[PDB]
K.L.:
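A single structure is presented below for examination.
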Amino acid sequence: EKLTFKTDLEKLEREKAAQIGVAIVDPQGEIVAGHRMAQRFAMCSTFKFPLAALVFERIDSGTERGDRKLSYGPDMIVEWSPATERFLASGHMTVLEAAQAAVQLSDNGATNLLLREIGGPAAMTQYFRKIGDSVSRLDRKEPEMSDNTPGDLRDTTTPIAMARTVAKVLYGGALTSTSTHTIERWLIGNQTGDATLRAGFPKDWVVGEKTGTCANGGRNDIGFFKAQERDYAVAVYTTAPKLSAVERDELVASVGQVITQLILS
Amino acid sequence: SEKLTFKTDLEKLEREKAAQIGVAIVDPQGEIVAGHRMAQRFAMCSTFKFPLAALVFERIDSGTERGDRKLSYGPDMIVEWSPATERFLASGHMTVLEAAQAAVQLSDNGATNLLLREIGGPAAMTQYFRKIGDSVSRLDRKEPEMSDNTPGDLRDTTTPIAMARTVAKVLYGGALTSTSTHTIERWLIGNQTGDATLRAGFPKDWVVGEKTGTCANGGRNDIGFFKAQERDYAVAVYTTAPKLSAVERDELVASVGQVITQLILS
Ligand SMILES: *C(=O)[C@@H]([C@@H]1NC(C(=O)O)=C(S[C@@H]2CN[C@H](C(=O)N(C)C)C2)[C@@H]1C)[C@@H](C)O
Ligand SMILES: *C(=O)[C@@H]([C@@H]1NC(C(=O)O)=C(S[C@@H]2CN[C@H](C(=O)N(C)C)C2)[C@@H]1C)[C@@H](C)O
Ligand SMILES: [Mg+2]
């Protein structure tokens, strides 16, 4: 089963001129399958899911309040900030409004609003370290963190590190029961992932995920799925500079089909 | 004076676009600021989803509903334009508040019908209108058939003045607790479907929240509130333009927005 998994991903890489990093882990973080699993890839927008977990932890701890109003001006509008732009005239979004927009719309301004509050990228890297992730690192805010310069180690993760971080957040007790359920529902309700991994999964699986798109052909999808009453965490990072945007979508869906084959056998 | 210019500019749009435009603007107490065809019936289409959310919030306020209660459903609840309902289908449910937020901010029809199932159907919606002093608005059918917009059909209709006063009652007239009122205000501001309609016609510094509608035979609607020059208003706009394109109808409602702007600013 694992040789077919590797061969099928290698075929996608060959024919699409792509690199595909995949890690699937069980709720304990034990490896189910993987490909280029410790190669570094740009996180791009996928880090917004750990960012929301950070926020949830501070609310859990009484260090933050979900309804606290975060004021801003037009300087905070950057490319792809649809909710931030809608709330601009009102003058604020709450911590939780901003987090939900970052997870479910990949709103960049809302992400940066939260980054300003925690003291910037170093604090997000600090959260990765707190939950046992020594690999993932945030260095810059949006959108420049998505620059994806070849060989740059800034703003990177590995498939296995991020998959284990997903498992830690959802299954390993990083959040309260209530906060864990909330972030799970946010991932299921994500509005940006209809054409990526969940398009390649069976329609009865419960799936939630966070997408990413970066320069130089990056297209990513991380999250969880429940298949045959068993829970998994998954991270998929791909680089395909020669494909169109729609073809990169199709590539991640095709990776979803390869994962399905492995799981169902 | 400025009301006459307001009437004159809207009739200009009506002639040029082969359209009929219903507008009512009221202050927080429901007193008329200005209007056009205010007592004419129009199909509500998706604009009723804002009053539906108010209905749900009132049940939460009164302790007869819980916002986190899970509403289970299967594939037969997915209808045309049910994006959130489709995403949550495998999980098996959508909570009361999840469905209400999808109905308001995405105009999700499946989520709307899920809430209608829980409250008793269209009769319960109409009962809520009557409870808050709206003797005009009526819901008769679920989505999407309630948006048929057959000419002269009285089902699933409101008037601009009736629904502007319903908006003001919900936002300013004490229909909801302070907490629920602020929440529903934020949901309207954060609506994802209105970027090209009324909001596109108001100044960038106005605080605006609204709920759109699109129906058959050329209906395009937008209801909500705006805050301008340190003053609060409720507004309902209903239009019928069967010969316009879909994008042209967005522009029609945005033009109504700047006619409203010209009125308010003098
Ligand atoms: C994050 O990776 C970047 C933003 N995140 C995503 C994404 O998650 O896919 C996008 S693309 C965004 C989502 N769907 C929208 C769309 O295609 N249309 C509405 C037309 C746009 C952003 C690039 C972040 C680094 O900018
Ligand atoms: C209600 O009037 C109908 C639905 N409500 C709306 C609306 O609010 O205008 C639509 S249109 C739907 C929402 N935005 C989508 C879109 O245009 N893009 C994805 C760009 C389409 C529905 C028709 C209800 C009666 O069906
Ligand atoms: Mg500024």
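In this entry the chain letters A, B, ... are assigned according to the order of the sequence lines. What you see of chain A is 20-284, where the numbers are those given in the PDB entry. Residues displayed in chain B correspond, in order, to the PDB entry positions 19-284. Both ligands and their constituent atoms are indexed starting at 1 by order of listing. Method of determination (from the header): X-ray crystallography, 1.6 Å.
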K.L.:
Which chain is the largest contributor of contacts with ligand 2 here, and what is it called in UniProt?
P.N.:
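Greatest contact count: Beta-lactamase GES-5.
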K.L.:
What is the recorded name of the drug molecule at ligand 2?
P.N.:
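That drug is meropenem (bound form).
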K.L.:
Which other chains does a heavy-atom search at under 4.0 Å around meropenem (bound form, ligand 2) pick up?
P.N.:
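Under 4.0 Å by non-hydrogen atoms: B.
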K.L.:
Hey, could you tell me which residues sit within 4.0 Å of meropenem (bound form, ligand 2)? Heavy atoms only, please.
P.N.:
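At that heavy-atom cut-off, the site is B:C63, B:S64, B:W99, B:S125, B:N127, B:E161, B:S165, B:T211, B:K229, B:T230, B:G231, B:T232, B:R238.
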K.L.:
Is B:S165 close to meropenem (bound form, ligand 2), meaning an N/O of one under 3.5 Å from an N/O of the other?
P.N.:
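Such a contact does not occur with meropenem (bound form, ligand 2).
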K.L.:
Show the atoms of meropenem (bound form, ligand 2) that are less than 4.0 angstrom away from any heavy atom in B:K229.
P.N.:
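Once the distances to B:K229 are compared, the set is 8 (O).
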K.L.:
Look at atom 24 (C) of meropenem (bound form, ligand 2) and say which protein heavy atom is nearest, naming residue and atom and giving the distance to 0.1 Å.
P.N.:
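Answer for atom 24 (C) of meropenem (bound form, ligand 2): B:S64 OG, 2.9 Å.
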K.L.:
Do protein heavy atoms approach atom 16 (C) of meropenem (bound form, ligand 2) to less than 4.0 Å?
P.N.:
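Answer no: nothing from the protein, no heavy atom, is under 4.0 Å.
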K.L.:
Report yes if some N/O of B:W99 lies less than 3.5 Å from some N/O of meropenem (bound form, ligand 2); otherwise report no.
P.N.:
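Min N/O separation from meropenem (bound form, ligand 2) is not below 3.5 Å for B:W99.
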K.L.:
Which heavy atom of the protein is the closest neighbour of atom 25 (C) of meropenem (bound form, ligand 2), given with residue, atom name and distance?
P.N.:
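For this ligand atom, the closest protein heavy atom is B:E161 OE1, 3.1 Å.
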K.L.:
Heavy atoms of the protein only: does one fall short of 4.0 Å from atom 5 (N) of meropenem (bound form, ligand 2)?
P.N.:
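Under 4.0 Å from atom 5 (N) of meropenem (bound form, ligand 2), at least one protein heavy atom found.
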K.L.:
Which UniProt active-site residue of chain B is in closest heavy-atom proximity to meropenem (bound form, ligand 2), and what distance, to 1 Å, separates them?
P.N.:
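The closest one among UniProt active-site residues, measured by heavy atoms, is B:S64, 1 Å.
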K.L.:
Between B:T65 and meropenem (bound form, ligand 2), does any nitrogen or oxygen pair lie at a separation below 3.5 Å?
P.N.:
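Such a contact does not occur with meropenem (bound form, ligand 2).
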K.L.:
Check whether the model has a covalent bond from meropenem (bound form, ligand 2) to a chain and give the residue and atom.
P.N.:
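Here, a covalent bond links meropenem (bound form, ligand 2) to B:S64 OG.
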K.L.:
Give me the nearest non-hydrogen protein atom to atom 11 (S) of meropenem (bound form, ligand 2) as residue plus atom name, then the distance to 0.1 Å.
P.N.:
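Going atom by atom, the protein heavy atom closest to atom 11 (S) of meropenem (bound form, ligand 2) ends up being B:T232 OG1, 4.3 Å.
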K.L.:
If you have a sec, work out which protein heavy atom is nearest atom 26 (O) of meropenem (bound form, ligand 2) and how many Å separate them, to one decimal?
P.N.:
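Among all protein heavy atoms, the one nearest atom 26 (O) of meropenem (bound form, ligand 2) is B:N127 ND2, 2.8 Å.
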K.L.:
At what distance is the nearest protein heavy atom to atom 8 (O) of meropenem (bound form, ligand 2), and which residue and atom is it?
P.N.:
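The closest one turns out to be B:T230 OG1, 2.5 Å.
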K.L.:
Please indicate which organism the PDB names for chain B.
P.N.:
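Going by the entry: Klebsiella pneumoniae.
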K.L.:
State the atoms of meropenem (bound form, ligand 2), each with its element, that fall below the 4.0 Å cut-off from a heavy-atom position in B:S125.
P.N.:
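In order of numbering, the contacting atoms are 1 (C), 4 (C), 5 (N), 6 (C), 8 (O).
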K.L.:
Taking a heavy-atom cut-off of 4.0 Å, which of the residues UniProt lists as imipenem-binding in chain B lie that close to meropenem (bound form, ligand 2)?
P.N.:
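Of the UniProt binders, a heavy atom is that close in B:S64, B:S125, B:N127, B:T230, B:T232, B:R238.
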